[PDB]
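Amine oxidase bound by (S)-(-)-nicotine.
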Amino acid sequence: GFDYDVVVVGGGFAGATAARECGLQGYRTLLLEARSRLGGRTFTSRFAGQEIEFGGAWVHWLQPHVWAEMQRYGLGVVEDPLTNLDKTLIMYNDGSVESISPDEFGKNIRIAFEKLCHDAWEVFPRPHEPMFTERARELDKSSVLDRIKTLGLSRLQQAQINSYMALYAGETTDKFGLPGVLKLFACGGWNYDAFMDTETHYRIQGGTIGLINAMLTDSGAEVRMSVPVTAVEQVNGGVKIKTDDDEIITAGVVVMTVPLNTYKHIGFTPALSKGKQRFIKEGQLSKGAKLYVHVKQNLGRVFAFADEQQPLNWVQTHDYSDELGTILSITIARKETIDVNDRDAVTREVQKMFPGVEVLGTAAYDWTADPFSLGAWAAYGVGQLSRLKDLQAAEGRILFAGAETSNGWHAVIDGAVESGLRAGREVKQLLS
Ligand SMILES: Cc1cc2nc3c(=O)[nH]c(=O)nc-3n(C[C@H](O)[C@H](O)[C@H](O)COP(=O)(O)OP(=O)(O)OC[C@H]3O[C@@H](n4cnc5c(N)ncnc54)[C@H](O)[C@@H]3O)c2cc1C
Ligand SMILES: CN1CCC[C@H]1c1cccnc1
C-alpha cells in the first residue's frame with residue numbers, strides 16, 4: 001500500500017482543481033507545491049498601499065469552468081472601471097509615442113482585431129476541439145505576423161494589433177502561432193465586444209487565492225509547501241516521487257500540473273513519450289513579466305500600447321488621485337526588453353512615454369526568472385497546437401494537467417480549471 005492514492009504536483013489552479021476532484025472522491029490525496037505559496041502563476045500582493053495582482057486575476061462568465069467553480073463556491077465578481085480613458089497612447093518599435101484620443105484608438109484596434117480573426121468562426125466552429133476543421137491544422141503552419149502582413153492594415157492599427165499579439169505571445173509575433181489566437185477568439189464567441197469584455201474587467205471576490213483556498217479546503221487533501229519535486233519513477237503499478245531533499249513518496253498515481261517550461265528540471269523514469277519530450281524541451285514562447293510603477297503626478301485614466309521591441313508593451317492606470325499620484329499597471333511581453341531589476345531603467349522607459357514623470361515606487365514580478373514558471377501565460381508557437389495531444393496524453397500512471405494542456409481558454413485560469421477537471425476524470429478512471 002502506497003503512501004497516498006494520488007499525488008498532485010503544483011499548487012496552481014490546475015493542481016488545486018485536480019486535488020479537489022480527487023478529494024471529493026474520497027481518495028487519499030497529497031498536494032506538493034514547490035514555492036512557499038499557493039496560486040502558481042496567480043499571486044495577489046500589495047504595493048504603494050493597495051492590493052495588486054502580479055499574475056492572473058481577471059475572469060469572465062464566458063469562461064465556463066472557473067465560472068462554474070465560482071458558482072459552486074459563491075464567489076462574486078469585482079469590477080474594475082475601464083470607461084472613458086483620459087489618454088490613450090501608442091508607442092512604436094522606433095520609440096515614437098503618439099497620443100491618440102480614445103474612441104478612434106479603440107475603434108481602429110477593433111478593426112485590426114476583427115480583420116486579424118476574419119476567418120475565426122469557419123476555422124474554429126468548436127473552439128474546444130481546436131483542430132476539428134483541418135484548415136486550422138493547415139493554418140498552424142503560419143505565424144500571426146504572416147497574416148498581419150496579408151491583412152493590409154493602417155500603420156497605427158498594425159502597431160496596435162502587433163503589440164497586442166506580442167503581449168499574447170510573450171514574444172515577437174513572428175514566432176506566434178495563428179491557430180491559438182483564432183481559437184482563443186472563438187471561445188469568446190467569435191465576437192470582438194464579448195471577447196474584449198473578458199480581458200481586464202472582472203476579478204474574483206476574495207481573490208484567486210480565495211478560490212484556490214476554497215477548492216483546497218473542500219478537497220480535504222494534505223498540502224505541503226516549499227517541497228519541490230525533482231524526479232518521478234513509475235514502479236510497481238504505482239509511482240515514486242522524489243523531493244529535492246531526497247525523500248521518496250509513493251502514490252498510486254501522480255498528476256503533474258507544473259508549467260511546461262519547468263518540466264526540464266524533473267527526471268522521469270522511464271523516459272516520457274517522444275512527443276512529450278519534444279514539448280518539454282520546446283516549452284512555450286511567453287517571456288512576459290508584471291510591473292507596477294508609482295509616480296508623483298496624477299495622469300488620470302490612461303492606456304498605452306507598445307510594439308514588440310519596446311519594453312512596456314501593455315500599460316494601464318491602476319489608480320489615480322491628486323494626492324496619491326499615479327499607479328501604472330504594466331505587462332511586458334519579453335523581459336529581455338526591460339529589466340525591472342533597474343528602477344533607473346523603469347524610470348527611463350516610462351518617461352519615454354509620459355515625459356517628465358517622477359517615479360516614487362516600483363514593484364515587479366519576473367515570471368521568466370522564477371524557476372517554477374520560467375515564463376508567463378501559455379502561448380503556442382508555430383506548429384505546436386496541432387500536436388497538443390502529445391502533451392495531454394497520460395503516460396502510464398502519470399497524468400498531465402495545466403493551462404498549456406487545456407483545449408479551450410488555454411492562456412488563462414479557465415484552461416487550468418479545465419485541466420484539473422480532466423485530470424480528476426482520468427484519476428477516477430485509473431483508480432476504479
Ligand atoms: C502576468 C500574468 C497575467 C495573467 N492574466 C490572467 C488573467 O487576467 N486571467 C486569467 O484567467 N489568467 C491570466 N493569466 C494566466 C494565469 O495566471 C495562469 O494561466 C494560471 O494560473 C495557470 O495555472 P496552472 O495550474 O496551469 O499553472 P501554475 O498556476 O503556474 O501552477 C504551477 C505550480 O507548479 C509549481 N511547480 C513547478 N515546478 C514544481 C516542482 N518541480 N515541484 C512542485 N511544484 C512545482 C509552481 O510553484 C506552481 O505553483 C495571467 C498570467 C500572468 C503570468
Ligand atoms: C491573460 N492574458 C493571456 C494572454 C496575455 C495575458 C494578459 C492579458 C492582458 C494583460 N496582461 C496580460
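Note that the numbering runs from 1 along the sequence shown for the chain. Both backbone and side-chain heavy atoms feed into the values below; hydrogens, waters and symmetry mates do not. Counting starts at 1 for both ligands and their atoms, following the listed order.
The parts of the structure that belong to (S)-(-)-nicotine are ligand 2.
At a cut-off of 4.0 Å, the other ligands and ions listed near (S)-(-)-nicotine are ligand 1 (flavin-adenine dinucleotide). Within a heavy-atom distance under 4.0 Å, (S)-(-)-nicotine reaches the following UniProt (S)-nicotine-binding residues of chain A: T331. The binding-site residues for (S)-(-)-nicotine (non-hydrogen atoms, 4.0 Å) are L167, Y168, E199, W314, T331, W377, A411, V412.
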